[PDB]
**Q** 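For reference, this is Acetylcholinesterase solved together with edrophonium.
A note on names: the letters A, B, ... follow the listed sequences, proteins ahead of strands, and every chain is numbered from 1. One-based numbering, in listed order, for ligands and for the atoms of each. Only heavy atoms go into these numbers, but all of them, side chains included; no hydrogens, no water, no symmetry mates.
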2 protein chains.
Amino acid sequence: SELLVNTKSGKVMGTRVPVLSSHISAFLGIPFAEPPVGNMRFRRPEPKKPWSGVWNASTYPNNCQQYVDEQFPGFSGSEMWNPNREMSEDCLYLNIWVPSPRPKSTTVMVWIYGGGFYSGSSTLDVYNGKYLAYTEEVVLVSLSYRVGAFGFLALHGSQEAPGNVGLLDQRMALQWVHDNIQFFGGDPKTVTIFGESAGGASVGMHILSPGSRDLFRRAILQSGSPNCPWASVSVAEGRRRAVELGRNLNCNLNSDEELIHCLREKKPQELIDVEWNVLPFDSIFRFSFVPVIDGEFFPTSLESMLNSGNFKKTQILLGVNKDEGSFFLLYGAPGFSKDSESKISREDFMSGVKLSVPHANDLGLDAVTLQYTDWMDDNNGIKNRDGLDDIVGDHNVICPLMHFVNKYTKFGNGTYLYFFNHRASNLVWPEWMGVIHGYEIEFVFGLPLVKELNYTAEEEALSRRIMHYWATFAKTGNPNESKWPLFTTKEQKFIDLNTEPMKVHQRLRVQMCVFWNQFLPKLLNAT
Amino acid sequence: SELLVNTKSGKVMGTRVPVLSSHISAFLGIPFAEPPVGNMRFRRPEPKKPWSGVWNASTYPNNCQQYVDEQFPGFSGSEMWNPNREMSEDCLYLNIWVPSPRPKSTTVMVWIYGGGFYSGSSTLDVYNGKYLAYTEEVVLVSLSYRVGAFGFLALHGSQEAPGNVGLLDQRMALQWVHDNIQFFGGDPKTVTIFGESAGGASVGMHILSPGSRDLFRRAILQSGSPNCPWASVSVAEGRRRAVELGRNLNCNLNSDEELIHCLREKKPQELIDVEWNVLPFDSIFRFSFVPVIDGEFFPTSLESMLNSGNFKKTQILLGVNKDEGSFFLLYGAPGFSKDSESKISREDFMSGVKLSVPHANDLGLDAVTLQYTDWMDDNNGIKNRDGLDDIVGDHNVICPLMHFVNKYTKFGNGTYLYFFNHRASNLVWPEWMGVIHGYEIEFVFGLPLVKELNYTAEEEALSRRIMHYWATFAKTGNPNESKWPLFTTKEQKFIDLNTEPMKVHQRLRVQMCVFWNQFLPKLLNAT
Ligand SMILES: CC[N+](C)(C)c1cccc(O)c1
Ligand SMILES: CC[N+](C)(C)c1cccc(O)c1
């Protein structure tokens with residue numbers, strides 16, 4: 001039977017799932033590690049003990065314990081990102097969509113969900129690999145990793161809570177794909193890892209971590225790069241936030257051992273209830289428990305690794321959305337509200353930039369303000385709104401990503417850069433938010449093909465084109481079967497991804513990224 | 001006789017001069033002080049001892065000793081600015097153009113020549129007051145002042161060379177106009193002082209100096225404001241450059257007395273030969289001997305005087321030319337040459353900005369570069385050229401002027417701001433130089449009315465309009481008899497001055513002046 005698969009971990013029984021006018025196989029909820037519960041909480045993952053009998057892989061698994069967005073109760077714009085299955089510490093599982101008839105050796109695509117390292121679920125509707133698997137004849141794998149304190153609490157030096165274990169969770173699943181995907185028709189030598197936002201940063205981190213580079217071949221990074229200001233913290237900072245977390249739960253802070261012991265006694269929600277109280281600054285687009293630059297997973301600073309070529313050389317496909325900052329302003333900047341146009345006052349703007357660049361001194365804030373302010377119309381509410389959107393997007397996603405691609409492309413084997421600037425027609429988020437962070441995803445996963453979701457015809461076409469670009473790139477290292485140009489350090493070409501005839505541009509937001517990548521950093525160091 | 005005038009200094013005999021199809025009276029070369037020669041060199045001017053008999057005022061006087069521009073031998077673009085009469089330390093004289101029949105009590109206009117405080121002559125052809133006097137029925141006065149070391153050498157504390165004596169020379173002539181212009185048909189209570197570049201700065205300085213404010217009523221500032229980075233130095237700097245000058249002439253530097261004594265023995269050209277060797281930096285748009293903030297002429301810092309309203313409140317008419325920097329780049333920046341298009345390399349640009357902002361640290365230079373560089377086309381030679389033009393103009397003329405008008409307009413009685421962006425049709429300077437510093441002058445003085453100079457018809461009209469605007473403003477404090485709007489701190493309106501139908505704009509080069517007036521200064525102070 002096509003739904004019975006034998007693996008090195010045990011036999012697995014999938015389920016047949018309807019897709020468009022056909023069907024495909026799905027192996028949902030395969031364990032790839034031992035449940036990280038009890039005294040395993042905060043520990044590196046353990047390979048899953050082989051099992052006996054058939055593992056029922058017909059239904060989605062639990063989602064990892066995470067902060068649930070309740071900012072807009074019942075609103076689909078935000079609930080669609082929330083856990084849609086019971087939450088549990090026992091959440092290290094993977095899901096596989098396999099073409100029918102089962103392929104012999106086809107391209108494997110491994111999806112790594114984003115969500116600021118504090119949230120994320122592999123079971124979301126927008127992450128349903130069946131349309132992609134089915135349409136592009138790829139084996140689609142979606143993994144899960146521990147988020148929040150559970151996956152990123154870091155007490156560097158201790159082995160009970162070393163930090164980065166959520167990154168190790170990904171590694172482990174990658175390890176399991178490497179070792180068992182051939183039994184599902186997939187070629188373990190043509191495994192493309194792809195993710196968005198924290199998923200995209202995760203991808204880039206796997207590219208940099210020596211212990212991960214051999215587990216996959218190609219990488220796709222969506223609105224995320226490993227050097228994003230929010231993707232990692234120092235081990236000192238990781239430690240400070242861990243103590244602070246303990247402080248918030250009235251933990252003995254006399255030793256790591258006492259601290260960790262206290263944190264393992266706490267119920268999951270207790271850690272989640274106080275998770276946001278350990279940020280060091282009042283800010284937006286900053287998450288509490290993220291990857292730490294520990295000297296293990298990451299041998300040295302990401303920047304020295306990027307400068308010295310210390311990373312896996314391969315082909316990479318990456319890009320950004322036009323309005324990456326909008327979502328974060330909405331949830332944490334004053335003056336923004338879902339149901340208004342969010343025209344922003346100069347007073348609100350100034351406080352907005354302060355939240356956006358939390359580490360800057362006043363001079364830094366002044367440099368940002370000068371750079372993003374139209375001084376010929378500094379009271380324009382639309383312009384202040386939009387300028388703020390760009391500030392948040394440019395600094396947190398686009399410029400860090402642009403720095404990454406420029407460092408990467410010096411040593412890599414092929415860089416393909418996109419700019420997704422298409423606003424879905426059926427978007428429920430206010431128009432001012434633009435082409436929102438995370439909204440390329442439904443296009444990558446082919447949601448626009450299911451008519452009942454009401455996308456336009458042109459949007460179906462764009463999805464098909466993006467899916468084909470992504471699958472083709474995973475298969476051969478080149479998106480192309482007009483042409484999506486190679487990104488080179490000299491020409492810096494990139495393409496637009498929208499319902500209009502693709503256009504080729506150069507130097508994505510140069511002016512601003514020179515400001516964020518070269519000038520601001522120099523400013524803050526000088527002062 | 002209409003050419004014989006009796007004054008409190010003695011009788012003066014003018015000459016009848018043809019003007020267009022008529023004539024007017026001219027009193028050329030009236031002494032307004034004792035010749036500042038011999039041991040008077042560097043000293044404050046002395047009122048001219050009354051004379052007996054008729055003073056022959058039929059021919060232009062000598063020009064003050066000054067650096068002669070020999071950079072383009074025989075080229076009129078630059079020779080027209082050079083002394084056109086014997087040069088002499090005996091150069092404190094004034095010239096008066098009076099309508100015929102001699103008026104009874106008309107508006108007086110006193111022209112103060114610019115030239116970086118190192119050069120300048122009242123006798124230039126472009127400064128011929130006959131067309132203005134004649135056309136607008138104003139009494140036109142042109143004065144002279146000591147330039148270079150002779151008028152601005154400053155050994156603060158010494159009385160032999162106190163500094164600012166070239167400013168006192170202007171004051172003295174203003175004093176003489178005050179006291180004797182009624183005998184020429186002029187109203188000493190409706191004296192408008194106007195000047196360009198260093199002349200414009202001089203005007204603004206007279207507005208600030210307590211000892212000068214009562215000598216005139218209204219002021220016109222052309223491409224110059226008292227707070228320009230090159231218009232004054234500290235007394236310490238004034239002292240350092242004086243010693244350095246002495247050092248260059250092998251003067252005893254043991255005391256001011258010895259130093260000054262040595263400098264008075266030197267022949268004029270000896271001081272001029274080494275004048276540029278005392279600048280402290282490699283730079284453009286910086287002159288050696290300029291006004292010093294001494295505590296006398298200028299009670300406190302210009303900025304505290306500007307902030308506290310410590311200045312004469314009246315009506316002011318001021319403005320800038322579109323390409324104020326072009327002239328200086330041509331003479332001191334690498335890559336610029338008269339006969340080429342001066343496309344500028346990124347290497348030359350970078351060295352250009354360094355010459356332009358001599359006091360900035362590398363971070364400052366980076367801030368300037370970031371601000372004026374099109375990073376989407378950073379190798380464009382035209383763009384680098386033009387960007388440099390703007391850098392020099394914005395920093396030395398336009399933004400200091402904009403800061404002045406904004407401080408002034410808080411306390412003054414009427415600010416009128418123009419932007420002269422008309423390139424004369426018969427200009428001999430290369431096209432890339434644009435609307436060059438100093439080229440509004442021929443329009444203000446009505447040269448375009450003399451057909452043999454070959455201006456266009458539209459240029460005749462523009463001259464007439466500018467002359468009428470200037471004369472009308474001097475007469476009533478308002479340029480208007482469409483309308484040249486009042487400049488207000490809230491609306492910041494200004495007008496264009498060109499052969500096209502005047503247009504009203506707002507906030508002249510805001511973006512850049514916030515950079516020069518607020519951000520850069522904050523940057524350099526922080527660092
Ligand atoms: C846009 C929503 N999504 C779940 C993808 C999300 C949430 C938090 C941070 C992110 O960067 C992205
Ligand atoms: C443009 C020529 N002109 C004599 C007016 C001149 C010379 C030196 C410095 C100036 O600002 C202006």
**Q** Under a 4.0 Å cut-off, which other chains come into heavy-atom contact with edrophonium (ligand 1)?
**A** A
**Q** Please write down residue, atom name and distance for the protein heavy atom closest to atom 9 (C) of edrophonium (ligand 1).
**A** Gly116(A) N, 3.5 Å
**Q** For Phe328(A), is the nearest heavy atom under 4.0 Å from an atom of edrophonium (ligand 1)?
**A** yes
**Q** What is the closest protein heavy atom to atom 10 (C) of edrophonium (ligand 1), and at what distance does it sit?
**A** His437(A) NE2, 3.2 Å
**Q** Only heavy atoms count here, so choose which of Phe285(A), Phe327(A), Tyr118(A) is nearest to atom 8 (C) of edrophonium (ligand 1).
**A** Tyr118(A)
**Q** Considering only the protein, which heavy-atom contact is closest to atom 5 (C) of edrophonium (ligand 1), and what is its distance?
**A** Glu196(A) OE1, 3.5 Å
**Q** Starting from atom 7 (C) of edrophonium (ligand 1), what is the nearest protein heavy atom, named by residue and atom, and what distance separates them?
**A** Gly115(A) CA, 3.7 Å
**Q** Does the entry name an organism for chain A, and if so, which one?
**A** Torpedo californica
**Q** What is the nearest UniProt active-site residue of chain A to edrophonium (ligand 1), and its minimum non-hydrogen atom distance to the nearest 1 Å?
**A** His437(A), 2 Å
**Q** Around edrophonium (ligand 1), which residues have heavy atoms within 4.0 Å?
**A** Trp81(A), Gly115(A), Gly116(A), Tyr118(A), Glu196(A), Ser197(A), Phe328(A), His437(A)
**Q** List, for edrophonium (ligand 1), each N/O atom that has a protein N/O partner under 3.5 Å away, with both atom names and the distance.
**A**
residue, atom, partner, partner atom, Å
edrophonium (ligand 1), 11 (O), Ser197(A), OG, 3.4
edrophonium (ligand 1), 11 (O), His437(A), NE2, 2.4

